[PDB]
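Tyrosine-protein kinase JAK2 in complex with ruxolitinib.
Heads up, chain A uses the PDB entry numbers, so what you see runs 843-919, 922-1010, 1015-1135. Note that ligands are numbered from 1 as they come in the structure, with each ligand's atoms numbered from 1 the same way.
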Amino acid sequence: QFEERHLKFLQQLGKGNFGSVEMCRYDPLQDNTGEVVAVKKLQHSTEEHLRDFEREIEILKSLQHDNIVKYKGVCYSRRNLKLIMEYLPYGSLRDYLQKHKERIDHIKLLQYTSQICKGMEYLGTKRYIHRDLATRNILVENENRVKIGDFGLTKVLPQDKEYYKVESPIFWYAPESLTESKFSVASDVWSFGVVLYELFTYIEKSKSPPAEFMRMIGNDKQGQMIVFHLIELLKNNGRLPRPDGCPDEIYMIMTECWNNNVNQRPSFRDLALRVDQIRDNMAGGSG
Ligand SMILES: N#CC[C@H](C1CCCC1)n1cc(-c2ncnc3[nH]ccc23)cn1
């Protein structure tokens, strides 16, 4: 779809563990008048990583939703597969919320929450598991609209099961992901609860899930024993605390998402409805 020669690098936007995203100018008219785009490429183009990247591209191209970053096309010349997507200039929600927190009230946080929920509801209709729902993977287009911005870990559920068994962001993981490496819509709901916690702490680093969990566990632990003591903590119903200023009903949603019983966690459809109702009530539909 895109031609390598016209694409001009401008600046790096983000770097993951296997890919990076660049800000580039696509200029088919060679007049520098072309659109600025975001370009994802692999750091190391091994056979494994390229096969994974191809499926990620297929996943994004199949998604069309207001709250999912827009696929544009692919670009290659010989092993230089790149994914072209719409550029969102406010960057990740983490940076945005940090910079603008004093101006972002709870009604606005719930607007972002609702948009994330509806994007995930849409993902569920395709039987996709995101596996990395966290504010680092949410992008901001404008002050009224966020989009799920990265799908590098997203899996398609197999046809015989409602879960996929597969360096992990352990402080966002459901207990069965930690113990059984099992990922499902329900483990995405668990991670969504952590996202809600991130939003209502305004991405303060001292209150981040890793900082909170390590204080609860003990900083003497490293690597494997961190995971062990996190599992024991969650099994014993230890949970992240209610953020300062967070309404109790919003914390209650977090804690329902963090149920150890997978079957007890809410659906994204129900989360979107409840968040929308809370937001409307807070804005003056109930006071
Ligand atoms: N979301 C998310 C995180 C993702 C990083 C995580 C792995 C590659 C980079 N990332 C995407 C961007 C980005 N920024 C601005 N516009 C964009 N469009 C598509 C991705 C994108 C920046 N970092």
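Against a heavy-atom cut-off of under 4.0 Å, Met929 is close to the following atoms of ruxolitinib: 19 (C), 20 (C).
Taking every heavy atom of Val911 and a limit of under 4.0 angstrom, the matching atoms of ruxolitinib come to 18 (N), 19 (C). The shortest N/O to N/O separation between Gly858 and ruxolitinib does not fall below 3.5 Å.
Near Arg980, meaning under 4.0 Å from one of its heavy atoms, ruxolitinib places the atoms 1 (N), 2 (C), 3 (C). For ruxolitinib, the atoms closer than 4.0 angstrom to any heavy atom of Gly993 are 1 (N).
If you look at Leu983 next to ruxolitinib, the close heavy atoms, those under 4.0 Å, all belong to the side chain. Considering backbone and side-chain N/O atoms, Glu930 comes within less than 3.5 Å of an N/O atom of ruxolitinib. The ligand atoms of ruxolitinib that sit less than 4.0 angstrom from a heavy atom of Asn981 are 1 (N), 2 (C), 3 (C).
Bonding summary for ruxolitinib: no covalent bond to a chain. Proximity to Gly856 (heavy-atom distance under 4.0 Å) selects the following atoms of ruxolitinib: 9 (C), 23 (N). By chain and number, the binding site of ruxolitinib (heavy atoms under 4.0 Å) reads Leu855, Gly856, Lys857, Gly858, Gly861, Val863, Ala880, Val911, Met929, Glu930, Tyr931, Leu932, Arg980, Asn981, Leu983, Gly993, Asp994.
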